[PDB]
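A look at one PDB structure holding lidorestat.
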Amino acid sequence: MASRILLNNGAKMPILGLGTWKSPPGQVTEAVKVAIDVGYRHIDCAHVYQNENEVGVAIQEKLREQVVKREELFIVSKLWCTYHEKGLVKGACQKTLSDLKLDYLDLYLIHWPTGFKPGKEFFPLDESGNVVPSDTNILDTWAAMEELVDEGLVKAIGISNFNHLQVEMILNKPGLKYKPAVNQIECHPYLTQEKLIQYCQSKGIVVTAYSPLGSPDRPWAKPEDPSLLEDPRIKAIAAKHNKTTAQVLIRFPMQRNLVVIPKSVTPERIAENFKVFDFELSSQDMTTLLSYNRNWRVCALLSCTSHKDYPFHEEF
Ligand SMILES: NC(=O)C1=CN([C@@H]2O[C@H](COP(=O)(O)OP(=O)(O)OC[C@H]3O[C@@H](n4cnc5c(N)ncnc54)[C@H](OP(=O)(O)O)[C@@H]3O)[C@@H](O)[C@H]2O)C=CC1
Ligand SMILES: O=C(O)Cn1cc(Cc2nc3c(F)c(F)cc(F)c3s2)c2ccccc21
């Protein structure tokens, strides 16, 4: 297994990256520096995570130390929902570039298909708790994303949390210039996504699996919720291979030809999570892990379910 997957712009994307959602600003600089030292080359960022400046400090130090060159890193960020209007997309990208202290991004994603009212709040709500939409549609935001490629700010563009009809809408866009390179979606043994992943891969779109460990630090976790890291069936597969449960959960998507982006701020775990290139799950193990699907989705907010472009009413 090769460590990088070819995208439809001819660039190679590392199949393992470091996630940064919920990584506190006081701890994420060290986390990214340790990750680069132990071999990570792909970092997944977003403006809404409120820590891009601190991620940028780490990247800049390791470029200055000559640990890595810029061309070896693969830096991803995402356009938040309050910037879907075509005249706001460039300025949102440039704020992220300014915080990360970079002159281009390797990949820039539409974070969610839903546009929200522009303003200071990331989740503008009405008096009854519903998100306030904007009158934007995904095709005009896509055309604004394409302009960032032509201006040299980003090397590739893609999408996140799009269902297959929303992907189809972009693929059928009048005058489509650049196809989405990536769809970043939730994927783990309790939400295996078979139909959407085969949809995407058949279309030449690479899939990145987010929350591969089930996001145990998500703020809305409840004590009664399932835990992938503690599932005794997954523990038994790990023990057979003399690996940890997290290492099996990271290797699983890699063998489906997915990119995977586990988050940690703990140095030991950052190093553990990288040590996944020296074993293989058997075909039988893969089919068994797929059988654990329960259509259990952890990233989906009730306040967004009446939005016209909410992605998760459709089957896939
Ligand atoms: N596009 C989108 O809408 C979304 C994108 N994402 C991206 O995907 C990334 C990963 O998903 P995320 O939801 O953060 O959750 P993960 O599934 O990656 O789980 C992160 C949690 O697992 C813990 N952990 C990490 N490694 C280990 C290990 N070896 N052993 C035990 N526990 C471990 C972490 O603890 P600790 O940090 O304390 O070590 C943290 O509590 C995000 O950070 C973000 O970059 C996620 C959700 C949505
Ligand atoms: O987004 C991240 O990366 C991490 N991340 C994930 C969620 C849950 C969402 N669920 C939805 C949703 F169903 C929508 F339709 C639109 C939307 F914008 C959200 S956001 C979230 C909520 C607050 C901050 C980060 C969050």
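We count residues from 1, following the sequence as given. What you see below is based on every heavy atom in this structure, not just the backbone, and it leaves out hydrogens, waters and symmetry mates. When a ligand or atom number is given, it counts from 1 through the structure's own listing order.
Counting every copy, the structure places lidorestat at ligand 2. In this structure the chain with most contacts to lidorestat is the one the PDB entry names aldose reductase.
No part of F122 comes within 4.0 Å of lidorestat, judged by heavy-atom distances.
Numbered from 1 in the order shown, with element, the atoms of lidorestat that lie under 4.0 Å from a heavy atom of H111 read 1 (O), 2 (C), 3 (O). By the 4.0 Å heavy-atom criterion, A300 is counted among the residues contacting lidorestat.
Numbered from 1 in the order shown, with element, the atoms of lidorestat that lie under 4.0 Å from a heavy atom of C304 read 14 (C), 15 (F), 16 (C). The ligand atoms of lidorestat that sit less than 4.0 angstrom from a heavy atom of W80 are 18 (F).
At least one heavy atom of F123 sits less than 4.0 Å from an atom of lidorestat. Within the 4.0 Å heavy-atom cutoff, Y49 counts among the residues contacting lidorestat. Site of lidorestat with heavy atoms closer than 4.0 Å: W21, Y49, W80, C81, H111, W112, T114, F116, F123, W220, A300, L301, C304, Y310, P311.
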Give a table of atom pairs where an N or O of lidorestat lies under 3.5 Å from a protein N or O.
unit_1, atom_1, unit_2, atom_2, d
lidorestat, 1 (O), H111, NE2, 3.0
lidorestat, 1 (O), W112, NE1, 3.0
lidorestat, 3 (O), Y49, OH, 2.7
lidorestat, 3 (O), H111, NE2, 2.7
lidorestat, 10 (N), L301, N, 3.4

